[PDB]
Peer 1: 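In this model we see mitoglitazone bound to Peroxisome proliferator-activated receptor gamma.
If you read the sequence from its start, that first residue is 1, and numbering goes on from there. Counting starts at 1 for both ligands and their atoms, following the listed order.
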Amino acid sequence: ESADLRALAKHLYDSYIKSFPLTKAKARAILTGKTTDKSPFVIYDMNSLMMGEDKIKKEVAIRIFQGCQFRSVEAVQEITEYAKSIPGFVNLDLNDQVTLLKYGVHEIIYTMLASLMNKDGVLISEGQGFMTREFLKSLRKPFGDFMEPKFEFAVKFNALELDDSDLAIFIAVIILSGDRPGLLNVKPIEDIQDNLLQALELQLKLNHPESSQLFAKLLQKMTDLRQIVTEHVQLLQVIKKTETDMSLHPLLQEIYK
Ligand SMILES: CCc1ccc(C(=O)COc2ccc(C[C@@H]3SC(=O)NC3=O)cc2)nc1
Ligand SMILES: CCCCCCCCC(=O)O
């Protein structure tokens, strides 16, 4: 029944709004001058970077990098709260639950990162600030190319014009992979994902009826996520070797194995 699929979609959207304080709908209202929300202080160089705490509640590159790192640990926390709400996920073997998160968590971070980006920069501090792509790329090596592959993806991805009710099901599909390395019981995972994929497919054609093959173009985007993740991992191993004094969160170290 299509009707059970819509109920699942409604359930996941509601759980996505409850788990993530900054939705794409809010992010786009901030980014584009809407009166439902307020304007971000823009950071484009070092003076505005230090002017930035005068509005938004060590060297500059390592400080920015370690805040982006604190934020990621926070998103991991929000993603795990979302994941538990995906029907059947808490019912799986605990070891497989850990494996799905470990491998799914960064692909979801960069999907939702895209909600907070345009070609020019990225919202920070829950929408209160905006950090210019040009500033980030001007950071000293090896940090200037830290964010550029996320912007390249985001610009391509934001072109699909997905909204939060689409994204809620898509990030569920990402978690419930079943081709993840080290999974004990693949088949229960594949059964949950086949359901999510049916819910996503219906959602896309009801919400985007004039968008030809949007289901397939979005599933292809999963290729770009995998490559962002693997590049970021390699870049981190270079930062850790040249910056032996920069501390990495154990939660992120446990995932990066
Ligand atoms: C590289 C892409 C990116 C993503 C998110 C952020 C953020 O920074 C947004 O969320 C925030 C904002 C501000 C801080 C302050 C940090 S935190 C600390 O430990 N000392 C500080 O100055 C922490 C987190 N930046 C960059
Ligand atoms: C985004 C510019 C403000 C820098 C520090 C913001 C507060 C730090 C935090 O929330 O962890």
Peer 1: Which numbered ligands or lettered chains belong to mitoglitazone?
Peer 2: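 You'll find it at ligand 1.
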Peer 1: Quick test: of every protein heavy atom, which one is nearest to atom 9 (C) of mitoglitazone (ligand 1), and how far off is it to 0.1 Å?
Peer 2: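 The closest one turns out to be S125 N, 3.2 Å.
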Peer 1: Distance to 0.1 Å, residue and atom name: give those for the protein heavy atom nearest to atom 25 (N) of mitoglitazone (ligand 1).
Peer 2: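 Here the nearest protein heavy atom works out to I124 CG2, 3.8 Å.
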Peer 1: Which UniProt domain of chain A dominates the contacts with mitoglitazone (ligand 1)?
Peer 2: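 Chiefly UniProt domain NR LBD.
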Peer 1: Can you list the mitoglitazone (ligand 1) atoms lying under 4.0 Å from a non-hydrogen atom of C68?
Peer 2: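 Counting atoms of mitoglitazone (ligand 1) from 1, those under 4.0 Å from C68 are 1 (C), 2 (C), 3 (C), 4 (C), 26 (C).
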Peer 1: For atom 16 (C) of mitoglitazone (ligand 1), which of the options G67, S72, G129, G52 provides the nearest non-hydrogen atom?
Peer 2: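 Result: the heavy atom closest to atom 16 (C) of mitoglitazone (ligand 1) is in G67.
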Peer 1: Just need the protein heavy atom nearest to atom 21 (C) of mitoglitazone (ligand 1), so name the residue and atom and give the distance.
Peer 2: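 It is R63 CG, 4.5 Å.
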Peer 1: What part of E126, side chain from CB on, backbone N/CA/C/O, both or neither, has a heavy atom under 4.0 Å from mitoglitazone (ligand 1)?
Peer 2: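 Neither; nothing of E126 gets under 4.0 Å from mitoglitazone (ligand 1).
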Peer 1: Which UniProt rosiglitazone binders of chain A are under 4.0 Å from mitoglitazone (ligand 1) in heavy-atom terms?
Peer 2: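 Going by UniProt and heavy atoms, it's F70.
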Peer 1: Check each atom of mitoglitazone (ligand 1) against the heavy atoms of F70 and keep those under 4.0 Å away; list them by number with element.
Peer 2: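 Selected atoms, number and element: 23 (C), 24 (C).
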Peer 1: With a 4.0 Å cut-off, strictly under, does atom 1 (C) of mitoglitazone (ligand 1) pick up any protein heavy atom?
Peer 2: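 Protein heavy atom within 4.0 Å of atom 1 (C) of mitoglitazone (ligand 1): present.
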Peer 1: Quick one: does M131 get a heavy atom under 4.0 Å from mitoglitazone (ligand 1)?
Peer 2: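 No.
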Peer 1: Identify the binding-site residues of mitoglitazone (ligand 1) at 4.0 Å, heavy atoms only.
Peer 2: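 Heavy-atom contacts: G67, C68, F70, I124, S125, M147.
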Peer 1: Distances under 3.5 Å, N/O of mitoglitazone (ligand 1) against N/O of the protein: list each pair and its distance.
Peer 2:
from                     : atom 1 : to   : atom 2 : distance (Å)
mitoglitazone (ligand 1) : 10 (O) : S125 : N      : 3.4

